[PDB]
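Heads up, the thing below is written out as structure tokens.
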Amino acid sequence: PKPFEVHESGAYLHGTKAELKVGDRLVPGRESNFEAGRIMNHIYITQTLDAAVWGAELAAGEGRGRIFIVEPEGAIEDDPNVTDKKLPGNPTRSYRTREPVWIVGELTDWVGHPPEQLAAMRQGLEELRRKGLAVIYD
Ligand SMILES: CO[C@H]1/C=C/O[C@@]2(C)Oc3c(C)c(O)c4c(O)c(c(/C=N/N5CCN(C)CC5)c(O)c4c3C2=O)NC(=O)/C(C)=C\C=C\[C@H](C)[C@H](O)[C@@H](C)[C@@H](O)[C@@H](C)[C@H](OC(C)=O)[C@@H]1C
């Protein structure tokens, strides 16, 4: 995938290693993928495939990444972890919602980041943790 490229569909995507199926309704309050033990207030979704693939790859869990197309029941807002942080605005088109979402499809035709790019991201995040700089906004 290409960073900042909006998916053809305009649809909201959710990358995860959870075993979801079309027709599931997902409510907030599951555990963070980035800070063990943290109970989440939001569901995180995106309109770029690149951000969804990172969500699938970086999600906690055994088993492979999945990307779902989802329909929010309620309001969505910019995800502050990636908005006005490294870049101005929200170029990854990443959002979050306090209300449930429905799983309406599964994206089957994606490929992951090349392995050294995924390893660099993983290593970078462990480093931020080791330095106490991995602040999670939620
Ligand atoms: C869609 O976002 C993805 C890719 C964007 O593509 C791309 C090109 O545009 C980015 C934007 C616009 C950012 O604002 C950004 C950012 O703020 C950030 C890191 C992190 N960089 N490092 C980690 C590895 N590394 C390169 C060295 C340091 C980034 O790489 C990016 C970044 C990119 O890479 N944040 C930090 O540095 C700091 C200080 C803290 C991070 C804290 C928590 C832990 C994270 O926020 C968690 C909650 C997730 O939100 C991220 C892991 C995102 O994963 C998902 C699934 O969302 C990932 C950024």
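Residue numbering for chain A follows the PDB entry, covering 6-143 in order. Each ligand, and each atom within it, is numbered from 1 in the order the structure gives. Method of determination (from the header): X-ray crystallography, 1.5 Å. Computed over heavy atoms, backbone and side chain alike; hydrogens, waters and symmetry mates excluded.
The PDB lists the drug found at ligand 1 under the name rifampicin. The main binding partner of rifampicin here is, in the terms of the PDB entry, Rifampin ADP-ribosyl transferase.
Among all protein heavy atoms, the one lying closest to atom 12 (C) of rifampicin is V87 O, 3.7 Å. The protein heavy atom nearest to atom 31 (C) of rifampicin is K91 CE, 3.2 Å.
Nearest-residue assignment for atom 49 (C) of rifampicin (options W59, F39, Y142; heavy-atom criterion): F39. On the PDB entry, the origin listed for chain A is Mycobacterium smegmatis. Remark: rifampicin and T97 share no N or O pair separated by less than 3.5 Å (distance only, no angle test). From the protein, the heavy atom lying nearest to atom 44 (C) of rifampicin is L130 CD2, 3.9 Å.
Each of the atoms 1 (C) of rifampicin lies under 4.0 Å from some heavy atom of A56. Residue contacts with rifampicin leave out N38, since none of its heavy atoms falls under 4.0 Å from the ligand. Residues in other chains coming within 4.0 Å of rifampicin by heavy atoms are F9, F39, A56, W59, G60, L63, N86, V87, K90, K91, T97, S99, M126, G129, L130, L133, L138, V140.
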Enumerate the pairs of nitrogen or oxygen atoms, one from rifampicin and one from the protein, separated by less than 3.5 angstrom; state names and distance to 0.1 Å.
| unit_1 | atom_1 | unit_2 | atom_2 | d |
| --- | --- | --- | --- | --- |
| rifampicin | 14 (O) | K91 | N | 3.3 |
| rifampicin | 17 (O) | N86 | O | 3.2 |

